[PDB]
Amino acid sequence: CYXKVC
Amino acid sequence: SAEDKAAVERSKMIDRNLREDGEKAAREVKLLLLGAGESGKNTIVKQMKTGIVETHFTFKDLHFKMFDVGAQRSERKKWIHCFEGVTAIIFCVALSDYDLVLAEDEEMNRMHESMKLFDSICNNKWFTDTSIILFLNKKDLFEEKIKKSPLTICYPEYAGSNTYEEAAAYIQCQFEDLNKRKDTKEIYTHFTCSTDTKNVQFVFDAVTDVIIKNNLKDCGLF
Amino acid sequence: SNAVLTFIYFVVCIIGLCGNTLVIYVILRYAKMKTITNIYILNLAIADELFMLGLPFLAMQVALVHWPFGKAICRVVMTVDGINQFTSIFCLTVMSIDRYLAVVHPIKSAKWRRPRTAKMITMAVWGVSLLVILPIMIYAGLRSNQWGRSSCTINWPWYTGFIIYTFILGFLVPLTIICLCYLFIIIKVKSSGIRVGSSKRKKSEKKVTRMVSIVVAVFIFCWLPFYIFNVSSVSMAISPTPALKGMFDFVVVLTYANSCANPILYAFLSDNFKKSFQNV
Amino acid sequence: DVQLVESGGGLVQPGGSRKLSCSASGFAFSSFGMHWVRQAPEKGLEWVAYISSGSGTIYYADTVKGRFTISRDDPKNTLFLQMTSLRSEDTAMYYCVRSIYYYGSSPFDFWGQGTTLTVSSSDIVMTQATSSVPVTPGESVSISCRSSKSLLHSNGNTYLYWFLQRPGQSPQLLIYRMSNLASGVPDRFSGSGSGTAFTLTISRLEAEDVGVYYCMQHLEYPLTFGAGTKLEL
Amino acid sequence: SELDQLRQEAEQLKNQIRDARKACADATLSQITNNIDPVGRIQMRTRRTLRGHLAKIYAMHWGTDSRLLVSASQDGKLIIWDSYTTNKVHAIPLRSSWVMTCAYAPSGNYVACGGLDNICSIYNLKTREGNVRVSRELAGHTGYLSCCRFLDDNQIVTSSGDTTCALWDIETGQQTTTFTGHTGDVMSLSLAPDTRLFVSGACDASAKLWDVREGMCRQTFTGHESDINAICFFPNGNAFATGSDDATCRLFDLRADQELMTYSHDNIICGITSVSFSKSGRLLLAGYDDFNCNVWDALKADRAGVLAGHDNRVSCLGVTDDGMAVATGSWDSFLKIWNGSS
Amino acid sequence: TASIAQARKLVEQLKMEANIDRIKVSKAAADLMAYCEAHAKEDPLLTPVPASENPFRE
């Protein structure tokens, strides 16, 4: 996860 | 066409001058000036300076237009809607007309005729949200009258006390009780000074507070 | 554990895409157009509408981990959820400067408050955001890191300080401005009716300070734990818990609830728009 | 009343420059479009340039477009024309024409007295094929000219303009837009026609109705003149 | 002594006219017009939308060419419009903002306006210069001005709130006649087709047909409960419809001398601000303050249209001289031009 | 004699308005519907014209 999804 | 392109080109020179004049006239403060007649309206115009007499007295970076409809001996309900979008309403009431009778029919003595007019200006459907500035005009003249005669010929249910500062607990609170729209207006009240500051500074201070609370109703916060 | 996780993304996209349609329905038709606070709440409603249109494209990626064609779809749908997400927090930091210029400077504003210089600001925020998301514009990054099933978040060549950039420009530049441009509104609604000529209706400051502490409590509840989860991701690595697939995916969609509240909060309190919506 | 008077020029060596100014006084010059029109010796008139009111629309004559420069200044109430790289066809008396365009106005009505410039060395054509007519006072005169394109427009009017230049005088609008009489003209003149061929009629000739009777179009730019139709006594 | 017998002598002449009136009221006109065709749902559409006023529009008036029109508004502007292309021919700045009326001269050379300043200002459109300037100001009224109407380039008639109408000579600048019969504020005029009479409704709910050359009230028309806000003449010249704050309008007659048809509706409890007739005299158009101009089939007393495009009250409206258009300026600062499609 | 002159000014006004030679309304109002059917063709709002002659084309 980084920005908007993991 | 060629000439029809220069008529279109002219109409948007008309248009950008109706827009330039109309954004220089939304920055102006419009103020009705009502009252009972010989009630000190002529005094405060001389401070703040045949049909309408539009007095323009732009004084502290804010351009005021004051419209004295004094000599409009006609039905007030037929031309009062012209002043619907108006910032405040300056209303003068003579304090010395407490026991002084009116010259019409020897009715209730010339301040129940002012209070009858205030109830017709507060609760008027065009003035649902135009907050009225109140002036109490003849402050010096009734103090010499309240020592001679008590405040019972006008208000027989008063307390008494024959005092200069007592009548604020009689006269001012009686007029602010006529405000039936106690949630949408404010009835900013004053005692008309004889100095150059404290009778037009109040008109500037209490019309900014109309402007601030007009923006908070415009910017959602109210 | 993505049972209610995939459902809540399309359950907030219904109220969001319909909420900001209700604002443009009452401004593009029953216009003000010269009340310049009604071209900002229009422009915020455009931004919170376009930022909701990229929410169903990200909604399936938590159920179907394999993403659609990242050459074009995942290469630009995070460019549509980058411009419309950085104007739907920049339309409401210029609408909150707009409220500062009215309520505390109601004389010196009107030389720079006419409805032509507001159209030169309300498009100047639409252009600044595309000059801000320029990292996301080129580095779309179709990635297949965990268990295959190629998805689309980012692939940068630095990398650690991009969440600093989305936070020091998308959470501490608006919230510093908004809290200053709303604390100064408190110190003149409780001062013009206090120091200068004053009535007994100075109780109305308690009306202003109630509906103005909402707008930061709504704003900080929908943006702060999103960046708080990301700074733990740039920190020492936590364990990949299956609750972290349930508590990061729920805080991502919490950021799309701020853009659901601005048709409720910034528009449907304003009495000129409330009386417009009551009629229409 | 209304008065346009222009300055500048008279004698210049070829290949040079000259600044023609036109001082306006008596009317609302910031609300008028302004032309320049020239007239070479023993020739007809020829349109030079244009500014719309408010300086929004500038045209030029396609003969010398890019060589001349037309400019106005409303607080000074003058009208400038900068003419550079002066040729030999530029030798003409230059007029200052007043013109206002709204619904129902009379364009091209007030012409200045003029200034002269001498040196030392597609679009519509208006044709007045008659050059001169011998005529005796009292009879009905009928002057006619032809256009190339149809002058009638789809909005409804017919942009043909008439002008009289008396000997030793300035042009004077008689009929604007093919039918309508100008202000202060005698009622004897009348204009008519249909589409491409028109006829100016006078009913009674007088001693000041002698002169050369030009016809202009205004349908699209250039405002092309024709060679004139002389009436002598 | 005798003043209370002249109190009885006054009503002695009033009940005599009452029995002379219901005798000649032999049949109501709606039971003769039972057989005529109702015009159907008149549907008009805002072809043009003339925008550029920035406050309430208080009066408009068409030119005689049916193409130019003047509108007055509370922002102190008098705008001449080309109604064909929505492009403004002139915008005239007024000396007082509080303007309640405006008129176009039948030659189109002149435009008048007036209002709370008790002056009908006359403006010259077709100057030898470029501008529009003030020809004459007509001072001599005591109350506000309600309606100016030109007879020609040199004679205008004005009503006022001092209960007096007045005929003027614009050249000398002073009123040749003064018409004093009303007791309330006169609120509207309409000149006759032949311009040899006019009729004026007042705040005392009375209407009074005058004579411009004699100078006295021919007939006096009652029938309303509240103030009359709007007169226009029928195209015949022998009728006029009064529009009241009573939320009603009624049609009159000079040769019959009583009300004939009253156009009301029980859902309409809002007062009429303007009245105008159509070219056939078949569409009374009236601008109410439930924000929408209604369009009254004037022969049948059943509303046959509505021009509901206005966001505030419809203060002014006028049908052209060829029956072709209709403007309805209103308090939402727009004039909308209405023409029904086939 | 000022308030008597109010009643003076209305008596000869009411009797010069009393001798008006008026006709009953069954001919005086049926001539107003007789105005309309003689002018019902050229009223462009009572009957919409063909749109090629309409100068107001949106």
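Labels below follow one simple rule: chain letters A, B, ... track the order of the sequence lines, proteins then strands, and each chain is numbered from 1. Residues with modifications are recorded as their parent amino acid or as X, and additional atoms are not taken into account for contacts.
The name UniProt gives to the main binding partner of chain A in this structure is Somatostatin receptor type 2. The compound at chain A, a drug or drug candidate, is named lanreotide. For lanreotide, the other chains with a heavy atom below 4.5 Å are labelled C. The residues lying within 4.5 Å of lanreotide, counted on heavy atoms, are C/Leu58, C/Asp81, C/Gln85, C/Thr153, C/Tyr159, C/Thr160, C/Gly161, C/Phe162, C/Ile163, C/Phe226, C/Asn230, C/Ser233, C/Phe248, C/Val252, C/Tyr256.
Heavy-atom distances under 4.5 Å to chain C are found for these residues of lanreotide: A/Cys1, A/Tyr2, A/Unk3, A/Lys4, A/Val5, A/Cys6.
Numbered N-terminus first as in UniProt, transmembrane segments of chain C showing a heavy atom closer than 4.5 Å to lanreotide: 2, 3, 5, 6, 7.
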